[PDB]
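These notes concern the structure reproduced below.
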Amino acid sequence: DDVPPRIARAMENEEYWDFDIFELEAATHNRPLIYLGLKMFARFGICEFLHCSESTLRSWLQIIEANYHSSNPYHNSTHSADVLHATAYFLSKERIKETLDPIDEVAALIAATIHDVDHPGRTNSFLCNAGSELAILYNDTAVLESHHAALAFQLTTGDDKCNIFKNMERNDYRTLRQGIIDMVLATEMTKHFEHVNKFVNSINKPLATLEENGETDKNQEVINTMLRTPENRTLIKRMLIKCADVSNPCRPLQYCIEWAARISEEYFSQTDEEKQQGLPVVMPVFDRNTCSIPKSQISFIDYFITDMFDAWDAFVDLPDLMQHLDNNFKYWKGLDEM
Ligand SMILES: Nc1nc(Cl)nc2c1ncn2[C@@H]1O[C@H](CO)[C@@H](O)[C@@H]1F
Ligand SMILES: [Mg+2]
Ligand SMILES: [Zn+2]
C-alpha cells in the first residue's frame, strides 16, 4: 500500500500497453517484479482467490525476485515484470475475459512471474553441450523450462511463510498447478511451431467458419461452447504465455530497441564463452564482432513473431501491438543505410 512516490508514479498507467518498464526498473533498483506484482495481483484479486494475506504474497514475490539473476542483461526480474504486464493486458481484453475462467487468469499471472526464474543467461543447447548440472538433471529435455517451474514450487511450498498456496483446496491447487506447469513449459522454443499450429487449427479456423453465419444469438452460444472447453482454453493459455514472453517487438520503439540490445548482449557473452571453452557454436550469427543487430531482429520477427502475433491478433484484436510491430520492423530496415 505505502509505496514511495517515484515507484508509485512509474506504475500509474499500468493498464495501458505503453508502459515505462525501465523507469520502474531504475526506480525500484532492479526490483520491479515485487511492486508491479503487488498491484497486479490485487487488481485482479488473486489473494482473495488463493486465500493468502498480503505478507504471504510479499514474501513470495521477494524470494522469486531474489533468484532472478541481476547479472543477466535480458533474463532478469525486469523481463518477468514486462511479461507479467503483457500477460495482464491480454487477460484484460474482451475475447480472453469472456472465454477464460477466473482460475485461468490466476494461473497466467503466476506463470508470468516464475517462467524464467533462476536463468543462467544461457540457452538449453549450451547446457546440454557443456554437460551442466541441470542438463544432466533434466536429461537434455526442456532443461531450463522444467527447472524454472520446479524451482518456483520448491521456493513457494518449501517455506511456510512464502507459500501462497497454503489455504487452497486439494482439487483447486492441482488444477492450478497443472495449469501453471503447462504454460511455463509451453515457452520452450523447440515446440514453437507446434503451439502456433494447434492454436490456428483448433481455434481460429473453427471461429472463422462459425463467423460466416452472422451474429445470431444461437450461433454465438456455439462459438462460446466450443472455445470454453478445457482443451481449447489450454491452447489459448499456451498462446497467451508465448506471445507475452516475446512481446518486445510489439512495444513502443524505445523499449523495442532496449529489449533488442539486452538479448543481443546475452548471446555475445554465450558465443565468447563457447569459443574459449571449446564447445560447439550453436549460435554462430550472434557474435559481437560480426552480428548486425537490426538485421538479426528482422530475421527473428519473420521466423517467430509475425506468424504467431497474426494468429493472436485475429483472435484477440490487438491494433496497438501490430501497429508498433510495423513501426519497429521498418525502423530495423531503415538502419542499414547502405
Ligand atoms: N527480440 C528478440 N530477439 C531475439 Cl534474436 N531473440 C529474442 C528476442 N526476444 C526474445 N528472444 C528469445 O526468445 C526466447 C524466449 O521465447 C529466448 O530464447 C530469447 F529471449
Ligand atoms: Mg523460456
Ligand atoms: Zn521468457
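Residues: numbered from 1 along the sequence shown. So how was this one determined? The header says X-ray crystallography, 2.8 Å. Scope of the values below: all heavy atoms of this structure, side chains included, with no hydrogens, waters or symmetry mates. Every number for a ligand or one of its atoms is a count from 1 in the order of the listing.
- For ligand 1, the correct pick from zidovudine, dihydrotestosterone, flumequine, clofarabine, dexketoprofen is clofarabine.
- Filtering the residues that UniProt lists as binding divalent metal cation in chain A by heavy-atom distance under 4.0 Å from clofarabine yields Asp245.
- UniProt assigns most of the residues of chain A contacting clofarabine to the domain PDEase.
- Other-chain residues and nucleotides with a heavy atom under 4.0 Å from clofarabine are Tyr74, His75, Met189, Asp245, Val246, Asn248, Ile263, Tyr267, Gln297, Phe300.
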